[PDB]
Peer 1: 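Complex under discussion: bortezomib bound to ATP-dependent Clp protease proteolytic subunit 1.
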Amino acid sequence: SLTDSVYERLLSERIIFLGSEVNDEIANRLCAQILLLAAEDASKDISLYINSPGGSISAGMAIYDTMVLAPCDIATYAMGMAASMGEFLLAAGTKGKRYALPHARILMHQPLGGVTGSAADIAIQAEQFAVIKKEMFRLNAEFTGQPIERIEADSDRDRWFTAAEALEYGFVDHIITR
Amino acid sequence: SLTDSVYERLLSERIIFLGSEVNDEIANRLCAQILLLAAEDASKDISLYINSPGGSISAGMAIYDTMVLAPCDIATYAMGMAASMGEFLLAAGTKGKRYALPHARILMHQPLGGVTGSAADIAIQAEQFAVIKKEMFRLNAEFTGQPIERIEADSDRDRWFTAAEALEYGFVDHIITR
Amino acid sequence: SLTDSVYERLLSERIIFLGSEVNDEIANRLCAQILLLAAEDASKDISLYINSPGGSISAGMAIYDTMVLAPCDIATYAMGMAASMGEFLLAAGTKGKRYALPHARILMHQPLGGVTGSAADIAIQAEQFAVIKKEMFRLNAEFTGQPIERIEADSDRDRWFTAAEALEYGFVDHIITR
Amino acid sequence: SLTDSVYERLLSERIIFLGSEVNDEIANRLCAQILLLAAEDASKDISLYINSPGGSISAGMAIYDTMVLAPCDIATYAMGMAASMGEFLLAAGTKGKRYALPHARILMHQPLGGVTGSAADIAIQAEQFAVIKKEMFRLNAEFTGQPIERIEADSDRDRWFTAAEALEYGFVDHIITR
Amino acid sequence: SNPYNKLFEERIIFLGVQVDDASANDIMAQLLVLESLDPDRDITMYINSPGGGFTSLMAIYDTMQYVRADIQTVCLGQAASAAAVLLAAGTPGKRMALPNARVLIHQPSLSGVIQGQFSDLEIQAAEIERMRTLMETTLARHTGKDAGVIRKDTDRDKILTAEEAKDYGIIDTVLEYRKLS
Amino acid sequence: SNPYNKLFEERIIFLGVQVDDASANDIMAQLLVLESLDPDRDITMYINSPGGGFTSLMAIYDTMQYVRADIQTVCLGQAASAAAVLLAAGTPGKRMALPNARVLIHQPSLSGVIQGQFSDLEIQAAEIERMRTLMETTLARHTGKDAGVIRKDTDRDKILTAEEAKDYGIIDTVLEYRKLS
Amino acid sequence: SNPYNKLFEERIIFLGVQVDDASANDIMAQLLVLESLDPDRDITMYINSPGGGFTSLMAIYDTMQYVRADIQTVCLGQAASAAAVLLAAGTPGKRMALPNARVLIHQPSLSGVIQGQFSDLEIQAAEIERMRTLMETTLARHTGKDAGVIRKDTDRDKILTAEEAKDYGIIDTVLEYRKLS
Amino acid sequence: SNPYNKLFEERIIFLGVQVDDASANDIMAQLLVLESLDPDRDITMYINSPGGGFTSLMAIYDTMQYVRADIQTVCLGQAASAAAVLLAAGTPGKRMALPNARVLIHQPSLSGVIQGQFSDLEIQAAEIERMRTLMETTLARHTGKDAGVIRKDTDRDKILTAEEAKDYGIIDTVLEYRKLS
Amino acid sequence: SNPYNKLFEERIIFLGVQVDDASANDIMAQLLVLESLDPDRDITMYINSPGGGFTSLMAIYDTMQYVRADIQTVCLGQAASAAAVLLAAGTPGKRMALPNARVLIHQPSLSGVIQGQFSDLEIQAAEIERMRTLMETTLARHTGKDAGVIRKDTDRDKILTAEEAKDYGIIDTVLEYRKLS
Ligand SMILES: CC(C)C[C@H](NC(=O)[C@H](Cc1ccccc1)NC(=O)c1cnccn1)B(O)O
Ligand SMILES: CC(C)C[C@H](NC(=O)[C@H](Cc1ccccc1)NC(=O)c1cnccn1)B(O)O
Ligand SMILES: CC(C)C[C@H](NC(=O)[C@H](Cc1ccccc1)NC(=O)c1cnccn1)B(O)O
Ligand SMILES: CC(C)C[C@H](NC(=O)[C@H](Cc1ccccc1)NC(=O)c1cnccn1)B(O)O
Ligand SMILES: CC(C)C[C@H](NC(=O)[C@H](Cc1ccccc1)NC(=O)c1cnccn1)B(O)O
Ligand SMILES: CC(C)C[C@H](NC(=O)[C@H](Cc1ccccc1)NC(=O)c1cnccn1)B(O)O
Ligand SMILES: CC(C)C[C@H](NC(=O)[C@H](Cc1ccccc1)NC(=O)c1cnccn1)B(O)O
Ligand SMILES: CC(C)C[C@H](NC(=O)[C@H](Cc1ccccc1)NC(=O)c1cnccn1)B(O)O
Ligand SMILES: CC(C)C[C@H](NC(=O)[C@H](Cc1ccccc1)NC(=O)c1cnccn1)B(O)O
């Protein structure tokens, strides 16, 4: 295609895009790209750009695991929107390399889901929802440097950030101004 | 394809098109193209052509951030229609390089959205709708050079412009006449 | 494809087709092709062939603006049907180069649309519908050479033309007979 | 594809297929192919093969105009079915070069359509339906050599022909027997 | 008894719904009963209809022209398409309309596309043309217009306010409010 | 008898549902019956409607302005769009509203897109403009506002609490609770 | 007679269905009839409703606060959303609930997305905010809570068992079983 | 009179349909009428229900526990989910079941997915957990089981034949055929 | 009175529709009324049913086995699936069938797929197995077959003509035509 050929040429320049909802297809595409770029040059930075309305937790944890376990420093870029799993992977970049473009907006909120089935199934889902929400809040507290009690208080409902508000909160380390 | 091969040949001549509704797919395609063209020649102009019925704010803010942070001067061209996020990215071009073709029509209007959920969710959305609408009006006041009180008054409902009306208002800097 | 490869080979011979309803996708494809052919040879004619049931006004104004602002002389060809925006772009060709194939039929009619929303929104739409309809009729009066009072009278409802009726009315300059 | 690669190899041997309903997509594909083959060799015959259930009048008039205005002699071939606009384009071939394969069946019938809208719109449509039906019957009277009063009488409803009945009626000039 | 049964005891029929065959056969059944109950007492016909239907129009056009009783039409909020013809179809001197009722006279249309061969569409168009002339001939004998004036006026939608529907001739009196209320 | 039949014996009509032609012809049939049963006794009109409809509004606007009886409107939980005009359309000194009823005055809209040629859309927009002026002229003679004030106020949705709907002039009294209950 | 007609003879109305405008106009018609039949005898209101609706809530909130009769609310199995406000809206000393009835107090929501410009969404959100404050002001005058406590409590769904709905103040008595049964 | 009217004269209510709010409000209206007609004569409750509903269950659970009359439950062909709780909810010594009736005790479920934030889903799951404990506490006071035994038994579907539903404690007598028939 | 009311006066119930819970609760209500009207006079049960339902089968299987009156089943045109079990469920010496009535005995099925974990599907299959054994144990005590013979015969659809349904034991007499007619 055209849009796949432009993405392929940026992939040669080690610039990958998280540009959709983080589902298992986009996550496995990014995890493939992070594994492919960490195999070409293990010492050169990967510039992930986040324009994402959020997505699946386990899909974004797949990306976050490949971002950490790659020897490359994953520079992240809030490009317009870093909501939900998009802010998570934004804040998951290497410290000193998490950027927000000046009009990107960062949405921080607790994970959404759905309970289904019998009351013994739901008691397992809610037991696991408490595990996921605690680990999501632990990592946002690790990324931003905020306390986990502040992370769980701000990310109770939608907590929007500008590029300057996310800078002082801790999601990004700089704001690109050129 | 054919239409992707013609767009690829214009991309070689540094002419990109915003030709659809500005959603996250077209925005990430343009942001990829602006990053790809700013990597080929950092000192040569990019001719974005706007034929757009509008689109998402955060998608257009992704494009607007890549238009600013590119070292290239993004020449913009109102081609038929620059409505909503299309007029925003039209007026977001480099000063002296925002063009309207003589029968393009520029629609300026405040952002549309939708409130959803509980009253604590909606109070956060409307708090953020006031942030988005103030920043959209601040940038239209910065682009056009109009006062922000005039921007919020004209862009209350649909405010249509011809190429000559948008020239005196401030969206475009010239009208192409050849 | 096959149909894209035949169109690509005619694009090498500077023959582009408006063969669909003029929406923003076909318009941006033609505007890309007119910009691409005016970049190859600025002094050689482009043979646009119209087989169109009409389309969007702003999409056709994008094509019409690129037809005028190209240094090439856009030869137009009514091929079977030049209705609505198809007759507009037919009559928008260079004078002396607007052709009708002898069994093409030209439909001239005032623009269709739709009013939507509150009465303050609709009063703006109808204010703009009067602007679009006056400019569409001004340009059809400029193309055909008919008075604008005759253009608005004939194009009240559907006003069909044969190739010989459109020749004496002014949409086309010749009828191809070989 | 496969089916596009076989059609492309027959296009190199100047054999094009009308194999679908004649809509604007297939017509513009054939008109592109007739213009492409008349640009390669202007003096070599084009073998259009008709397997068509009919189609649009204006789409088939686009093909018929490109069949006439091409310097090539368009040899036509009723291949299985030449109904409606398929029999029209079958009979539109060069005299002496309109063929029916021996089990092709030719359906001749007056054009179908649909009246829509207000009574002033419908009075224009029926005025134009009388123009289209008179010109369709004039050309079938020109192609077959039958009187136009016989054309309008036979083509009142469906008027089926075999390859031998269409030979004596005048749609085809020969029946291929090898 | 309903209110609708109570208005019919006082010889008032509602048009109310759009004029389709189900509504036309109701109104024709109501007009003929009220003719038989008292043929010399005026049937009142309340019209709040969005129109629609031509054969259903001319079914209850002809019936309110047939019956021995004079018909008093009253436009309530709307008389569109067929309804406006039925509004003019009342007896002269009758044909009231409330002051904020709109009257939408309008040429006949086809709801959606009807397919067919051109020889079948020349007949559906000769019918929608004679439906148009019959709409204009009917509306000319009841408004006193010249039936080419109505062709020029109903060429598009002509929404008449009640005060300018009596100037047009559709109604005779914009009926005043009884008590300030 | 239902409760609804029992309230109608005490000359109370519910608006209740949205104002469409089916509801407008019901209320007009109820207003004219209650006018005929006792024309000098006040019809009460309970309004819990989400609005909708302009010709159906002006059908039951004109009828409650026509009838000999004074109309007492009472907003129950909601008078939105057209129903707020009907709420103001009661007799002055009447027009109650319950203390937690919201009144949503609102300019006329088109539900969905209506297509057409621009000469047909210049008429549908000249109609929605005169529907807007008629909404504002009606709401100015019943609230005492200046009809350009209402154009500025109904430019967006203006949800009025009942205490600030009598300050606006839509109602006259926010009616008090009888027993603490 | 139905059972529902038999309970209404003993001045008992079921809420039963969700509180929409169709159900609110039914209950308001039932509350006003039972006020007129005997204004000094307590209307009982049985609530098994899943809630829904705010203007329909405040329609039958205001009516059960209006009428001369004291209202006895009884939560049967559920008083969710709006119906929990109606459960607290009974007379103090009344407001029973069965021992296994859940009471779900809950902040107002929008069922689905409503689109619009931001200046139109600043008004739909200023309305859902004043719907939230009115839900909390109403539920504070009937539970004796401080209306910021209810904002903290109804911030999410707060499902109250009947024994902890009288500790909250929604009901007054968890009513005991008559015979072991 | 129907057969259903004839069984109700002999103080028999059918559950019959699934336990939703529409069926629960019917049965509560029937249980309270039969309590008022003769509070010292046993209401019989025939149960052929596929279950469903918890608040509708506990609406007619609490009512058949409230009323002065003893409730005789009879399982006809099926008492699934909620209806098995109602089958055990009869008076001890009562609670018959026909010999080929199946009794399906079953833990509470959510019909379909309910979306929301995790803080909203921690509450919908704390509710379906207390719906589960209330299902087991209710079914333990009526079967004499230890309420952790029922959690182990209703962990999956436990379809009980009537002969092994009295061994479980759901019913008391598998009632014999009267004549061979 | 209908014909159906007239046949019920002569103690005849139609099965007629398929055996679902709505039809089973009707027939159980009819069987218990006819037991109470005259418990020593034979209820006749006309069966033209396409079957369906097992708990609804065993609801009206057990009731026609419960009641004091003998049940005379008559297969009219069809007794399929559950209805063939009800046809055999009549009193011995009764159980007629018309000469061209087909009797379709058939093993129990699941209408459509029911999803779940395998531990939940081991229970839905242990239930459809005991529904199968109960179908065969019931049909063996009424046909005199050996219940493994019926498992071999109902392994597929076994459509029995009435003359070979009395050889099978489903019916007792193929009842003759009264007058040639
Ligand atoms: C990511 C965190 C910060 C919060 C939000 N997460 C979620 O709502 C998502 C919902 C989702 C989105 C796309 C596809 C599938 C599921 N969370 C999950 O993936 C999820 C939900 N429940 C259990 C386990 N994972 B965000 O993505 O909207
Ligand atoms: C550019 C602004 C000022 C005008 C219009 N903007 C909007 O209405 C758009 C609506 C839209 C369009 C496409 C996809 C998703 C959302 N605004 C937004 O994106 C939006 C909506 N709500 C909150 C934040 N942003 B334009 O799109 O017509
Ligand atoms: C060319 C003119 C004179 C007549 C017709 N053009 C239009 O009015 C078309 C109507 C249309 C086409 C495609 C999709 C949606 C709407 N132009 C527009 O898009 C349009 C419609 N309303 C206002 C402004 N532009 B024709 O192209 O069908
Ligand atoms: C072609 C002649 C001989 C007769 C028949 N023609 C038609 O029915 C076709 C109908 C059609 C078919 C495909 C797509 C769109 C419309 N005629 C037309 O195209 C047509 C109809 N009304 C006015 C103008 N043209 B045949 O194609 O069935
Ligand atoms: C003004 C009077 C004449 C009535 C107006 N239009 C008509 O005459 C109506 C409009 C209509 C209604 C339903 C379905 C199709 C068409 N015309 C007809 O009923 C009709 C019926 N058969 C053929 C042609 N027209 B009204 O409906 O706008
Ligand atoms: C405030 C009063 C005037 C009524 C408000 N709006 C209107 O006037 C209503 C809104 C509406 C309702 C149904 C369908 C289309 C439009 N306007 C009309 O009824 C209407 C009818 N025909 C043309 C134009 N508007 B309400 O419905 O918001
Ligand atoms: C707790 C009380 C206040 C009622 C609760 N929520 C509301 O207030 C309800 C929820 C609802 C119901 C149906 C459709 C849309 C929204 N709110 C409304 O009715 C409503 C109506 N218009 C605008 C905003 N909210 B309940 O429905 O959860
Ligand atoms: C003993 C009974 C209660 C167990 C099963 N029933 C339930 O759990 C029912 C089935 C149901 C119905 C509607 C919506 C969601 C779930 N549960 C409920 O009623 C219910 C209602 N709100 C929240 C949680 N569960 B059974 O009927 O399958
Ligand atoms: C022969 C007798 C036993 C009845 C036959 N089959 C059954 O037993 C019926 C067939 C049926 C009908 C409706 C929905 C699902 C399944 N089985 C059941 O009713 C059924 C119900 N729950 C679980 C398993 N089977 B008949 O319906 O073919």
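Letters A, B, ... are given to chains in the order of the sequence lines, protein chains preceding strands, and every chain is numbered from 1. First listed ligand is number 1; within each ligand, the first listed atom is number 1. Header entry for method reads electron microscopy, 2.8 Å. When reading the values below, keep in mind they use all heavy atoms of this one structure, side chains included, and skip hydrogens, waters and symmetry mates. Portion of entry displayed, and contacts counted within that portion, nowhere else.
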Peer 1: Other chains with a heavy atom closer than 4.0 Å to bortezomib (ligand 1): which ones?
Peer 2: A, H
Peer 1: Listed by chain and number, which residues of other chains have a heavy atom closer than 4.0 Å to any atom of bortezomib (ligand 1)?
Peer 2: A:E21, A:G54, A:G55, A:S56, A:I57, A:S84, A:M85, A:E87, A:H109, A:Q110, A:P111, A:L112, A:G113, A:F129, A:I132, A:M136, H:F118
Peer 1: In this deposit, what name was assigned to chain H?
Peer 2: ATP-dependent Clp protease proteolytic subunit 2
Peer 1: By smallest heavy-atom separation, which active-site residue listed in UniProt for chain A is closest to bortezomib (ligand 1), and how many Å (rounded to 1 Å)?
Peer 2: A:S84, 1 Å
Peer 1: State the other ligands and ions under 4.0 Å from bortezomib (ligand 1); answer none if there are none.
Peer 2: none
